[PDB]
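A deposited model with MAK683.
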Amino acid sequence: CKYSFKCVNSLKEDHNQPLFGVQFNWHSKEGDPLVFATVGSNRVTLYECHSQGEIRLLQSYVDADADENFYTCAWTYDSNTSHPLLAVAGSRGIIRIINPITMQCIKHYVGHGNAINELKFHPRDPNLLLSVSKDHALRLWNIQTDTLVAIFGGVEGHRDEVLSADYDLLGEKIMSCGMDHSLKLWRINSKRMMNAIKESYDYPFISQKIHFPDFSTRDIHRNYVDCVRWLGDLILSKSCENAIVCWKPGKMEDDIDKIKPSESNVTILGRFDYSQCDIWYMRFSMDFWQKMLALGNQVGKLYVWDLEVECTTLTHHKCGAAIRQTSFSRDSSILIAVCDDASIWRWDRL
Amino acid sequence: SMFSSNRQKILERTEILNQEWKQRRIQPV
Ligand SMILES: Cc1ncccc1-c1cnc(NCc2c(F)ccc3c2CCO3)n2cnnc12
Ligand SMILES: [Cl-]
Ligand SMILES: [Cl-]
Ligand SMILES: [Cl-]
């Protein structure tokens, strides 16, 4: 693999609880310092990367609920003020919108009847936040008008906890996955969904109840699916078989936008193999340009693959705890890994 | 090729997002 990295720094957060999420803020402009957020226990912490491997603590948000366990975070910006914003959620099933400048909660949303496993902002509209939950549903929120745009679930929705979801590059569709072993497609560029999004801006507000997905498959994995990401028109997803599967709906030649909801075929194109990563709740990530794929394992190894090849293994002798998530900086110069023992590892690209 | 065509879609779409990002001036944290 042509990609090489050097471990330049590490630290441990003093709460000693597992860190389940890490995200660089890809909205920061060129010239501004690289910043990332970590989430775990009832805390959200921000750090700035500086020269000579420096990981500078900025500040932390501690939830008033000592029993809250944050599982995910996502960055966005306020379209009216250009200020950054950070959304966080976890076991309480409450979405908190944090102002990262003050590290204070500015507003919150309730509605999910259980824990939230993932949050994702739409790539084109910074106000559209997607949440996925243990209640078997996905929810799309408009954080400018404080409205629940849509609930994806019901008759043909997920039948068990939803663990992951991702928008495609242009924000026309979502793929979700979970404990029912299924991967489901939800088109948000449908005339129904585009109009519902427009109505949420005009705005109690009546949410769309989307009971039926635009595609569904249980034929990629034979167990829970805990992470899914688009790779162009293709999909990457993982279960507990020490492999990330690259696949697509329909037959080899089928166009993603011509797939009918009743499509019964799937095409498996290949697998990215690894080892010692068969426990649940382990996420893989890609850089902005989708040239690198990264995944940590249960014994602290960090795998990196070059996606422009039709594997580099990053190890440090003191990094031995499970790596729950990783994040690349927008320019791919830094890769951060966070672990079960509250440790953070900084790897700089050579 | 399946790989070459999908890479081209990724390249075109990431360039669209990168141009949208270049036009923005989000305040630093
Ligand atoms: C409490 C707890 N103790 C011990 C181990 C794990 C968990 C836990 C973590 N994370 C989530 N969800 C977020 C989530 C996910 F959904 C899919 C993949 C993934 C993550 C974080 C890293 O990779 N949990 C949900 N219920 N328990 C959890
Ligand atoms: Cl993010
Ligand atoms: Cl419906
Ligand atoms: Cl599998």
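The sequence lines are lettered as chains in the order written, beginning with A. Note that chain A carries the PDB entry numbering, so the residues on display, from first to last, are 78-280, 288-394, 401-440. So for chain B, numbering is the PDB entry's, and the shown residues are 40-68, in order. Only this structure's heavy atoms are used, side chains among them; waters, hydrogens and symmetry mates stay out. All ligand and atom numbering here is 1-based and tracks the order in the structure.
- Taking every copy into account, the model assigns MAK683 to ligand 1.
- The chain that MAK683 (ligand 1) touches most here appears in the PDB entry under the name Polycomb protein EED.
- Other chains, heavy atom under 4.0 Å from MAK683 (ligand 1): A.
- The shortest heavy-atom distance from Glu238(A) to MAK683 (ligand 1) is not under 4.0 Å.
- For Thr149(A), the heavy-atom gap to MAK683 (ligand 1) stays at 4.0 angstrom or more.
- Nearest protein heavy-atom contact of atom 26 (N) of MAK683 (ligand 1) is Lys211(A) NZ, 2.8 Å.
- Distance from atom 5 (C) of MAK683 (ligand 1) to its nearest protein heavy atom, with residue and atom name: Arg414(A) NH2, 3.8 Å.
- Heavy-atom proximity to atom 1 (C) of MAK683 (ligand 1), evaluated over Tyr365(A), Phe368(A), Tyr148(A), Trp364(A), is greatest for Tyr148(A).
- Checked by distance only, MAK683 (ligand 1) and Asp310(A) stay at 3.5 Å or farther apart across all their nitrogen or oxygen atoms.
- When hydrogens are left out, the protein atom nearest atom 14 (C) of MAK683 (ligand 1) is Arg367(A) NH2, 3.3 Å; that is the closest non-hydrogen contact.
- In terms of protein heavy-atom proximity, atom 25 (C) of MAK683 (ligand 1) is closest to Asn194(A) OD1, 3.1 Å.
- At least one heavy atom of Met366(A) lies less than 4.0 angstrom from MAK683 (ligand 1).
- Between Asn146(A) and MAK683 (ligand 1), not a single N/O pair is under 3.5 Å apart.
- At the top of the distance list for atom 2 (C) of MAK683 (ligand 1), counting protein heavy atoms only, stands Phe97(A) CZ, 3.6 Å.
- In this structure, the binding site of MAK683 (ligand 1) at 4.0 Å (heavy atoms) is formed by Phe97(A), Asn146(A), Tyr148(A), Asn194(A), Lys211(A), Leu240(A), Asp310(A), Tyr365(A), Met366(A), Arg367(A), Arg414(A).
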